[PDB]
Asks: 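Lab note: propofol/Proton-gated ion channel complex loaded, questions to follow.
Order of the sequence lines fixes the chain letters, A, B, ..., with proteins taken first and strands second; residue numbering starts at 1 for each chain. Remember, it's 1-based here, ligands and their atoms both numbered in the order they're listed. Values reported hereafter were calculated over all heavy atoms of this structure, with side chains retained and with hydrogens, waters and symmetry mates removed.
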Amino acid sequence: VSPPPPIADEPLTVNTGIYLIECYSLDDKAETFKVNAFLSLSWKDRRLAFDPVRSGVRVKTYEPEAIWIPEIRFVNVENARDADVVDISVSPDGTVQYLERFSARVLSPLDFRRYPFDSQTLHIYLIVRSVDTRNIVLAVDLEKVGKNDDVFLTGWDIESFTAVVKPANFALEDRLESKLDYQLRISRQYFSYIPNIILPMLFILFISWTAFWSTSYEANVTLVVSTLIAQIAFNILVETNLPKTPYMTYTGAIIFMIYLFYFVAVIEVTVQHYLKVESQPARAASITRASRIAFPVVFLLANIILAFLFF
Amino acid sequence: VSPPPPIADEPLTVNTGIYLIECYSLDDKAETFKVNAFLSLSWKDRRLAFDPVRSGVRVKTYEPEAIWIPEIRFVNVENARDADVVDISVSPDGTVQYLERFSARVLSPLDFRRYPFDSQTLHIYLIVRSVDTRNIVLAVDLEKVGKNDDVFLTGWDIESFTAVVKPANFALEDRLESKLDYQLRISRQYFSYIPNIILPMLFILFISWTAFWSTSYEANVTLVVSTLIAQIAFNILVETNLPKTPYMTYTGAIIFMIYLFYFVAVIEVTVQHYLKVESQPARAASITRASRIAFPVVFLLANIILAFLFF
Amino acid sequence: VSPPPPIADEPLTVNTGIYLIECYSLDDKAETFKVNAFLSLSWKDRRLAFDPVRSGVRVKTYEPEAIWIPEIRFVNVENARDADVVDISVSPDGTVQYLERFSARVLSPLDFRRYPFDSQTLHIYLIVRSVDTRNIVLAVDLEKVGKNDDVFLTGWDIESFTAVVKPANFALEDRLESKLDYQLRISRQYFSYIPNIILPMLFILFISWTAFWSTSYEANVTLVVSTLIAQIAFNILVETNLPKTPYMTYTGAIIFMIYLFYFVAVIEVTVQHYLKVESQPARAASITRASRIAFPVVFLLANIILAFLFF
Amino acid sequence: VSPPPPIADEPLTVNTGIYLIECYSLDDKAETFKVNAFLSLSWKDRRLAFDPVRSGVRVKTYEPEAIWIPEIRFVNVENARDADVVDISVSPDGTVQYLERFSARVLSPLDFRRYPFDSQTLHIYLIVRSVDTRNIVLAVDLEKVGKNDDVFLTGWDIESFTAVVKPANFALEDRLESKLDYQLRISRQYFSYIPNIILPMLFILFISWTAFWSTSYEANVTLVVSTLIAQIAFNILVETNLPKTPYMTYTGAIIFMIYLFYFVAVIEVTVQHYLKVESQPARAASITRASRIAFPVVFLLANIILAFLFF
Amino acid sequence: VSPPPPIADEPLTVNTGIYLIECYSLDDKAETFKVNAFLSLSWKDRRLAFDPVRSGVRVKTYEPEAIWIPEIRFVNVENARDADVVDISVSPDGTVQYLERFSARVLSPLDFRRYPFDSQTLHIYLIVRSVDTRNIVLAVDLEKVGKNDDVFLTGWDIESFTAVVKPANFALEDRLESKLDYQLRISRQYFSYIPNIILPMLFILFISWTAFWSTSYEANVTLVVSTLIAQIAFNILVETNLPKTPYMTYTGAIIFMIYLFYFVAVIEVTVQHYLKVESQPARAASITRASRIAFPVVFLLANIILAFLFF
Ligand SMILES: CC(C)c1cccc(C(C)C)c1O
Ligand SMILES: CC(C)c1cccc(C(C)C)c1O
Ligand SMILES: CC(C)c1cccc(C(C)C)c1O
Ligand SMILES: CC(C)c1cccc(C(C)C)c1O
Ligand SMILES: [Cl-]
Ligand SMILES: [Cl-]
Ligand SMILES: [Cl-]
Ligand SMILES: [Cl-]
Ligand SMILES: [Cl-]
Ligand SMILES: [Cl-]
Ligand SMILES: [Cl-]
Ligand code: NA
Ligand code: NA
Ligand code: NA
Ligand code: NA
Ligand code: NA
Ligand code: NA
């Protein structure tokens, strides 16, 4: 089978539509997501025209192998989609209505700068390559673009699923390509981060600050070094769920800042002890008393500055 | 092959049934489970009718390709099910009895609010899309819905496997869809959580409380900070088996509460030491003596309040 | 093709045999194992009979598609087996001899009560379904049941591979089903558990007991709390290799018992220190001297009691 | 179908091209990467020649099965590529233009000597085996070698994608084999390693150095041994993302050097305490004061020496 | 198609050869490895003979379906191999030359007794089952056995790839089977184990030994118990890469021995402190001074004894 012949010199228009049934497995580290959807296609093939009076039926059903079907592929997939043709229906004028249900692992890059208070635009790029006989162009049938109400992406809020109606038509290896951008806007459910990571980090940080009400070096060393070990466990825990970015993320900046605070508290603890040994407890007492206010105040201001830069 | 033609303008009823052979791999983090079952379908095709006295046979066997079979799919599957047709049998009136065995990975959301004392209703949604010729509707043959006695879901108790007999009939992309809800009611086997997680957590908490019978700051700091590190290990261990929820879970609340108790015990330990250094051991002794009763009493009351709110 | 017709009203006997080539991946947490074996089938089809004299051949070879073959399935598989037909041979009387080589992931539940000094009976359930035309029944050809001498299941000893010769005949979805039970008896290689888990746990427990020869609270607190952290690491290590059971396991009981012993040693350490501070070292010295004998004696007796209850 | 017959005794030239659509999953431990690309092939088949005047067409389209296509494979793949033929086009002189889209998991060894500041040359080896009738040889059509602008390999910078235009011809089992080398030059995005691993390691090392301003053996032991435990966590964290190399890596050298520094600081801490006990604090004070300068100076010089040897 | 008929009563000889293209994923815990190779087969089929003068051709090419091909399988594979026929060529006398490229996951047991200074012999077992018409026997064409120069197994040195030329001919389920053993000799690149595991273990052990130059029980307890925790981290790290063996490994013996040394050092530390409290520092001083020599000497001798027993 060859493609439909043109009436004039016009390109063949393939109307497309994606209807999302399921969204699952948004892997942050891998920058992938899995999708289960309907792919709807429509184009005119005059060669397929029929008289319903003679044929006995008002719509004709076909098997994919029986007729010409445009080779539509996804740009940003790991492997080619797993597809099952649901229906192929030809109307008397030769208007073909193709419908398949597919599943695919989509590659879509993420912006982690504001993580975990971040939002993403996931893309599904539909493409068609023009044949040597006639040029093929993609179009969006908005009445056939949507998502199921139930569609839940664990840990995310689905804002919208829309398509950029104008295809990107460009040459690639001496032939025309027609590319459509289907965009799924999502925002992270930051809730869990607060009681599970943020608040535990603060509690252990405040525990380390009790060293500012102690003159016992051995106890102070235990407090600061032990809380530092607990903090490292949280840093590893957090970083394992993120990919290695060539930029600073909000979480990353906070983690880095906390290390500085632990480092400076060791300096304070060390300085205070050195003075007490040098028989200067009056000078050490001045530093500690200052540390009691300075550490929370600088912690609060540094965080305001960070939140300002990132948001 | 085309669908059976109607006698009048009635829709074509497909009687369904799912008989569970196996249930395995209930992944809490992924909110998925695997199933191995029988799918039974039944509908009337008058074109397939015959006379038993003339044919000599009471039942006719067919190959799937030989006759029309309705395209039945699962809504909440990762990939389309792996299926093997077991038998196709036609009765003299043209009643078709189809049976396949399939395996599938089902996406079903879980409510972790009461975890590990939660119960769940897992769903298997059966769907059929109507054809241009006639509308297809789903039905439940209760005599063909069930599960094998051996069916064991590791760490769960299977309460019941039933179907909501009334299908959800709705339009989707200008065609009728008929959806059936199969519900598998399960309850978590909480036994293991008690000796493996709950009791260890209490033991380490009680060890931290021995600091209320000590005047040794260095020792107290060691007790509270070391037990805190052991608690963190349990918290990480527990939370790794759960997904990130946009709500508080029972376990989450408990873990948060324990952090507060560790934080308050550091305050007590710090306050007591500050007073002893300020040459006020009488005041410190009053606080410690109070702490010995206050901490267990507030721990017990806070837990009663929590259990009340969640159950 | 239809099934062989009966001479009288007798059922169709399918003689079966499984010959194990490989056993691998016994996943305890998943309660699964992989198997690579030969499945041998044999039945009489009178339609396939011939005279060896006029044919010139003593045997005829066929392609699966050419003749009727019984649809034999495994009950307890994840997905349907991956099979390759090795040979199909017909004798003059029409006795068919079928042979395939298959690989499959088998679901078989395990009893962890005596872990890691446990033994298991793994099952492979063979099943055939009857047809309207006739009743199909399974049988065991003992001369065709076995295993390769090389068959090694990593961490297990293979005791025996036998079949329960009488099939279980029952109705399922208004048709008779013939089920055969192939049982593989295995016993765990407990060797490694002794130097890698059991002995390390004892060594760290004995290190905690050196606190009974010390009056130094700070040192005692360090000993008991640090060894407790090492034990927790071993507990996590062990429990990660086991599924969550609704019953107590031997290992679980031991782990629980060790927690009690650590808890009681903290009480002793705390009590002893409280008395020394209260200017009662004579009373503390009596308790500590008693603890030196009491702890090992109660540890040994509790273990004898546990081993008695489980074995 | 047989291969095109030679005009004289010349080998058959197959012009190749690879156009990268996607690059993902560069696994360092596994030394693999996944690729989604276009494979373009071109060769002359005189048997397929035609007159454009008589036929009325300027280009003929064929199905893969209809004509002879060279068996082109990849040398360094896990499994054979997943390929879908996009188009086959013949020009009047019989010049065939084949295009497929494939996905493949490529095995390419990496040099970890300068990690995490390393660069790699990933290879895709294309191969063809000569047939009994004629010798096949590969060529590069540079106009058909490229990559999509969007092509992003998470954590890497893509420098260039080129092909070594002269094939590596050789005999394998008495047949000519023409092999092409497609090279993808990449360089690691080392940014994240600085705040996430390098700077934390320095901070904990500097914390251990505060022991040079303390006379308290107990506190010194705590400082050095606790920071050592934090460093081992980072060492394990780092080494888990790398395979076991038969050579020293930059990172591994640094990790080893840090262990020596921790070891030497324990010697200092031990020596200082031994002298204070031997009533020689003046001698100990000399060593500590020296250590305060010696440790940072030797640390800085050793690092310059290391960076010099590796870069 | 049926097998070639014999001239007399001789068995049909199938000459085999395996040429390794790639070796990857040697999983120690799973005792598996992946292979990508050429499988070459050769046998005589007199029915396929022709005259090279009359036919004008020296060689005839065939499609697998066109002629009889022996069913050759691998014994020790997970699933049946993924194969692609490269070429089938017949010479005038009817000598068939078959070549396929395959990929497979091979199950081959490993001896961990000398780990990580161990060597292995990996096996690939080729098998053929005799047909009822005649017996099939395997042979090795040494000119077609080999490996690619590039073949790299990460962390291993490939010593040799040879075949045991005499097949093992035996009866299995009332038919003859011919089995060939292809052996791949490999040795572990033990380099990395020295700086990454062995030397860190020694450094932390030597740190624990500084307790023999200290009279401070609290500090000693901290040194020995903290270094013990670091050792446990390395033990877990090591043993996670190994399967559970029914024998002692070199590594396992060393790890066990180190536990004893830590246990004995706790006894020393405890004894020394007990004496100092009992006002016997002179006796304690004698024990530590002895320990300073005894511990390194016994450590060195025990290791020589161990290395002797294992190598
Ligand atoms: C998640 C699970 C292992 C767990 C953690 C913490 C507390 C509890 C109960 C008390 C809710 C619990 O069972
Ligand atoms: C998991 C396994 C290695 C284990 C842990 C703890 C105790 C035992 C026996 C003695 C029950 C044991 O073998
Ligand atoms: C691999 C990586 C995370 C890393 C670890 C340790 C040291 C270095 C530098 C100093 C070379 C490093 O970048
Ligand atoms: C796991 C392996 C690399 C290893 C660990 C511990 C000890 C050794 C030697 C000394 C036997 C060792 O080779
Ligand atoms: Cl696709
Ligand atoms: Cl489905
Ligand atoms: Cl099966
Ligand atoms: Cl390939
Ligand atoms: Cl050559
Ligand atoms: Cl050649
Ligand atoms: Cl195979
Ligand atoms: Na088509
Ligand atoms: Na301490
Ligand atoms: Na059909
Ligand atoms: Na059949
Ligand atoms: Na072809
Ligand atoms: Na064949």
Asks: Report all copies of propofol by ligand number or chain letter.
Replies: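 In this structure, propofol can be found at ligands 1, 2, 3 and 4.
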Asks: From which other chains does some heavy atom lie less than 4.0 Å from propofol (ligand 4)?
Replies: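 Those reaching under 4.0 Å with a heavy atom: E.
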Asks: Which other ligands or ions lie under 4.0 Å from propofol (ligand 4)?
Replies: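 Looking at distances below 4.0 Å, I see none.
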Asks: Segment by segment along UniProt's transmembrane list for chain E, starting at the N terminus, which ones have a heavy atom under 4.0 Å from propofol (ligand 4)?
Replies: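 Those would be UniProt segments 1, 2, 3, going by heavy atoms.
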Asks: Show the binding site of propofol (ligand 4) at 4.0 Å, heavy-atom contacts only.
Replies: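 Sure - by heavy atoms, that gives E/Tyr115, E/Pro116, E/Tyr193, E/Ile197, E/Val238, E/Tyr250, E/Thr251, E/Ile254.
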